[PDB]
Engineer: 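For discussion: a PDB structure holding mezigdomide.
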Amino acid sequence: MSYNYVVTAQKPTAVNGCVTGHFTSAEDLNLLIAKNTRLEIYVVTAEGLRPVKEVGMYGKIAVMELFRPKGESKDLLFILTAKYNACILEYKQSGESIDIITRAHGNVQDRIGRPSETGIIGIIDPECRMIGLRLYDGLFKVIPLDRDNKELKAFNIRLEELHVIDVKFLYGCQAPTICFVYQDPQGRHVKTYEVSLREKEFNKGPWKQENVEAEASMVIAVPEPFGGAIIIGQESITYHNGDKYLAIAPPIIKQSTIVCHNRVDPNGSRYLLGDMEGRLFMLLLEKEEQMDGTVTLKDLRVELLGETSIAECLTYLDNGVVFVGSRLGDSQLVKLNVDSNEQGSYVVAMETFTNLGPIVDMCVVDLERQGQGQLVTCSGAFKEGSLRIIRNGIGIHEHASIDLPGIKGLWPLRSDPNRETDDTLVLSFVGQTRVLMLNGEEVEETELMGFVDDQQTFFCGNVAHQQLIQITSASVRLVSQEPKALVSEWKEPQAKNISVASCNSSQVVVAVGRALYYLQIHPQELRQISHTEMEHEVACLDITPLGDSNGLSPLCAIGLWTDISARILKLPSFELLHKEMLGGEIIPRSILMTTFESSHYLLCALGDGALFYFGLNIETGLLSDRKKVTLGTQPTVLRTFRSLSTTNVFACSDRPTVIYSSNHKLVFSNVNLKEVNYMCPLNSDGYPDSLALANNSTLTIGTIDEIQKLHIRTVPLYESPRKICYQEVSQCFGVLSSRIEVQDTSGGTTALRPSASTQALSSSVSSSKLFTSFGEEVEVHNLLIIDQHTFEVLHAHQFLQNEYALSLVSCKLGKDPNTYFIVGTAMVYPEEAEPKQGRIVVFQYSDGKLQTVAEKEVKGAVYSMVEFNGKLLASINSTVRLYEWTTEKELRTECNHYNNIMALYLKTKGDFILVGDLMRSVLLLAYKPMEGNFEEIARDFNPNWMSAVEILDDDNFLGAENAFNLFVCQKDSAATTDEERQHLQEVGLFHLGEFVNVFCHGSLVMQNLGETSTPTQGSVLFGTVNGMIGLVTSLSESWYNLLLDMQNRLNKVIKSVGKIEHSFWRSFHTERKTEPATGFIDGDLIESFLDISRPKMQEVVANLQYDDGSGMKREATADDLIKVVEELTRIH
Amino acid sequence: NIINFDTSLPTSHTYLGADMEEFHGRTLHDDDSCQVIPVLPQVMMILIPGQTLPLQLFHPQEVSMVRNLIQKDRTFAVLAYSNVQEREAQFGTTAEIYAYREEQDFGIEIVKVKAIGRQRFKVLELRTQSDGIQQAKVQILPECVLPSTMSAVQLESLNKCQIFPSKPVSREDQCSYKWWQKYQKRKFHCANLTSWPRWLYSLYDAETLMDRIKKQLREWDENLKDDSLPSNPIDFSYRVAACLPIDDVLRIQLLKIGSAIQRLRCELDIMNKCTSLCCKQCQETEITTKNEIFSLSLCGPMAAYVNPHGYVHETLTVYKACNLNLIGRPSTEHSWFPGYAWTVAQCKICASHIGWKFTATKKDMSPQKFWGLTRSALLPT
Amino acid sequence: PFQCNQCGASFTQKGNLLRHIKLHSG
Ligand SMILES: N#Cc1ccc(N2CCN(Cc3ccc(COc4cccc5c4CN([C@H]4CCC(=O)NC4=O)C5=O)cc3)CC2)c(F)c1
Ligand SMILES: [Zn+2]
Ligand SMILES: [Zn+2]
């Protein structure tokens, strides 16, 4: 009864694994990156990283290793999903199509078993004989690697050691040998076993168990000729080989523990190490010893390279370039130059990849354009903390405004030969063509001599030989620049009317009536070379030279009004090289050929507001590439504005858009404007690099933002931001943050690095009296006021020592017209366990300073605060309290409520209050204004871990819970039985695959009345740990049923990488039980319906019965489905 | 205030006898299913799994029922009595027999049976059989177990830094306030990925809550290190709930809770928020405040014992008890403690029977310094 | 043999035993 629709507005960005090898081809060096559900394949070139494939899987990648078995030309890829979905993938391409086939797949989970507390471990034999998996405590899972093991059948081997820290296969062993470090009550030991396949049991290891450091954590295997394994702990890095044994305790690795490693040399002579605080080491091995041909290790020197991002995973690319992947900060490419040493750092950053995770809190704001909101998140942790501002589409920064009462067309003009700067814009109306002159910002209109003042000009473009060609409505009358006289004028011999004009730099192919004559721009003359007649009315003409030459168009396709077809014909002839009849009914609006980055295309815009993309061949003919996208709702004029060192196309219509290519595939952006009908690029002197967009009501000049669908701007803080809220009256953001300060040997605390809290404009320190060892690190919590325009930290308020700022609210209370920052904190002491006292402090930002109007001491930890109809609703410990703001500028208690749960989560919708705790004990209240006491409407307690909550409506409640799931509860006040009106029915389940931290109300698209509105109601965003932005909106019952049928039909058609069933993945997963998803429509799967081919699009729909407002229509069409899915894609 | 007493005889229930037919526990259920189990009436006791029950049987039909249960699944169902009488029951627990001895004694049958709880349930309906023993429709309640709160958001790279070295020494200062600090710092390190601090996550940690409860128990009375306290949060929470001095409604609230973490949090809240007691029919006394609740037994301060007339009383062993009067001589006939002599203790105000004074019989013991109260009239305030 | 059952109090007469029984009652 929930009927919700969930879709992804921004894919995950955090990296949780990366490998290199020969995956795409035996000659290319690939870098594979696993984000979460996505797998990214690159090619390591000299310049850097070249993207090749983008593929998403039905799970969370937990193990990802490249291996090349004997008899295989290129490496294979093994992937294990967090739901224990194992698969082996092989890269495969056939000319231009790319497919990642699945050689073997299966599920390796056990019927009963406690998952290990050290996580999932996936290791592969160097000789590619099996795959070792440690999924449960006291069991080692072995997958034999044979050509007959297509189902990935595995067997368990009983590990007598329950606690295993790290395990890895050894190099240079006759039989497959694992060498793991494990834990005992007697300490830590390193053990080695000889894994057997025929006997299905372990054996005696190559060497005996050795006692290791009490905190040894990670194991790395050293390839030949060294052999053995290096055990890296927190204090000492030791090398074990049985008879051989070396061990050093370098003092540079004692600051932080090493968590990740990577081999730079195929013989394992050097290694890379990275630790928690983000610096890079280099473990070097000396192979000096050589007795009788064999080489053994002699020294273990350790060096420090520099500082990088907080590395989740390293990988050494070829030629000194290292990819430093991160999961709580921006990924990087670094350079290990040896002779530079700028300050003692061997690393120089080459690239930096955007990473939005983790998101801790967010707010939707209308920063720039009213109506269309923007997302400002709290991203990163430690030195990687920052803010990310997200907006959809490419905005237009207007720099001028003129009043044009419905101009019928604007064309560029330069009334100054050899000036390299446009001076006048040739604006043509339905009856007149006025050339407005503006050297700077003037609004003058200087008429041209060669252009007829009373004529609806169809084209006005600069021609060669210092002449301007103006094909006006009456005739194609040429002009001249210097003498300002009409050198030539081709009047119609039959006194016909010019209907379509399409002239190039040298060619001019115009059509009068049903006849089109190609007239060349002769020097100071108008001489033609060929003529022809069209069977149907020429709706549009497109005669544009392709790349190079630029003096004659090899082809000239035209649109027929009465035929709705496009045929390619050469400029000096009229024969149809190829024929196409895309679309029908409504006449084409504008025909254009595209050449985006060495990719020749031809786009046809029908009169119904749809664009049909199609490629083109330079030599002769063209392909079909039949695909249409409704890029607006009105006829569109397609122009070309380079503005990027790339061709680009501006599709001015009711919904303006920019057709762009990312790597080799065209994509559609959005222009954040109301409605632009006609446009033209203008590199004016007073307005440089602009784009004159003349709408249906007025004319303006602006600049394009970028060529990306989504724009992310980073504001680095160098500290962890916790909460964010917006105050519009002051136009500033309030951010709670915390920096790590280590107690030095002087009785105080010292910062590790400059931060946005210690490098602010002004500052204040909390001063009130309402109430160890050197090297210890403590957190200092601050409230930062951030400007909304320059994103510079205006203020940095420091809280009391040992105080934890938990919540933050910006709202006005009572009859006071001022807006306040209200913060609720908790005084936490390591000696105690549950906080005893805490503060509710009220701020106010005025005159560039932060003041403290009122502070209120409470006996508890204020976990959350909301505004309740002008009153403050605070959550002190295990109670919810309603506060009243008087005229005395102090808070007074107004109502309490004593629960048995910790009210971590508080919401408000009218008179309803949603209360939850970390144990997913949802509780619903209701404020009775006439009597002023809360009343428990309903209850729902179910033991789980709850991450967030939200109020979808007055009767629906959304939440995120354990194992990356989602759920929806719902109350039924219409029930006549009392024991059920106090019960919340669960009417929705879903497996998101992400850990949600925050729910927010709003959307990133421009909100308009639209008369018809949308099929979906409401809008709720959310941000996760991996750095992905989602969206959930309610649906109607009929739409929900139709989309559920669609989803069931797509799964039988879509084949996923790894052959994982979609029903299995989305099922509500828990460590104890699993149940299928209900009440949620997978937006990504429905959106993937537009990416399939026409035959598959026909296979999907056969019996939907789409028609609901009377009628059945058993066919239900397939283009009817496009319209439905297009609206669903338009909402984010 | 320690006396050389072997805290195993009060648990061994030696007052009943020694020649007892010992039975090994081999019963279970299919978890979250409907079942039918006979119920023996005339018992007023909220029973928690793991709690020992001593029962005396007098009526012939109850003896027949227990004998048939012995020649069957030897599990009966203890019903949950609320304030409303007349079997106003909605929950209950299943008790398993491990202790059967008949002995017709004076020609009756007096089956003497000792049982412990094993599983919880809720009664769907109470069917009354014409025999006299009602068999009720029973829905077995599962016991939920939850993973660590950091398992979902954990960083994969720093998973090797999750196996801490074993706890150093035991009951030693700065071996806890530093080791536990480091344990919290290193365990919930991934709390920076979420919106909640580390200490909030440690407020829901199973290990930390058990450590806090152990500290409070040692504050009550000295427990010998791991003095039979189970490491599992399930059994630990059940034992703590069994030994707490709380009334029937609090016990049933602890019984209905399905997760160990919630049970531990509720028990810690109860014993950090309840300090003053009273007896029913007065609601005006505060005898035996918390700071002196001793434990002269293995099971804890509170245990179940039965008189020679079938009646079962749960008693609270305390160091001192004022506001009492004594009647009767210090009898030594059927004292539940072998080395002690019992005396009837009457309330000094309402004269409603609460407590029993105990005296000395030996040398190495506490002479006349002992009290065992009852839950018949004992409520917290 | 005069002895209570709800409590365990012992008596040598019956009046106080009955008083104790009725005091238990209610
Ligand atoms: N049909 C039939 C039928 C058949 C047989 C019956 N029987 C008659 C004979 N009974 C033997 C007997 C009687 C009396 C005693 C004295 O002990 C008593 C008595 C009464 C109440 C309490 C106590 C002790 N006590 C507490 C004090 C605190 C403590 O620490 N422990 C306790 O036990 C009490 O509360 C011992 C043995 C047994 C058999 C029969 F009664 C009916
Ligand atoms: Zn009393
Ligand atoms: Zn009595």
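One letter per chain, A onward, in the order of the sequence lines. Just so it is clear, chain A uses the PDB entry numbers, and the residues here are 1-771, 780-1140, in order. Chain B uses the PDB entry numbers throughout; the residues present, in order, are 45-425. Numbers in chain C track the PDB entry; the residues on display, in order, are 144-169. Counting convention: from 1, in listed order, for ligands and their atoms alike. Only this structure's heavy atoms are used, side chains among them; waters, hydrogens and symmetry mates stay out.
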Engineer: Just curious, which ligands or chains go with mezigdomide?
Structural biologist: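 Short answer: ligand 1.
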Engineer: Please provide the name that the PDB entry uses for the chief contact partner of mezigdomide (ligand 1).
Structural biologist: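 Greatest contact count: Protein cereblon.
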Engineer: Give the letters of all other chains with a heavy atom closer than 4.0 Å to mezigdomide (ligand 1).
Structural biologist: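 Counting heavy atoms only, the answer is B, C.
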Engineer: Hey, what does the entry call chain C?
Structural biologist: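 The name in the entry is DNA-binding protein Ikaros.
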Engineer: Look up the source organism of chain B in the entry and report it.
Structural biologist: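 The deposit lists Homo sapiens.
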Engineer: Quick one: most residues of chain B near mezigdomide (ligand 1) sit in which UniProt domain?
Structural biologist: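 For mezigdomide (ligand 1), the UniProt domain is cult.
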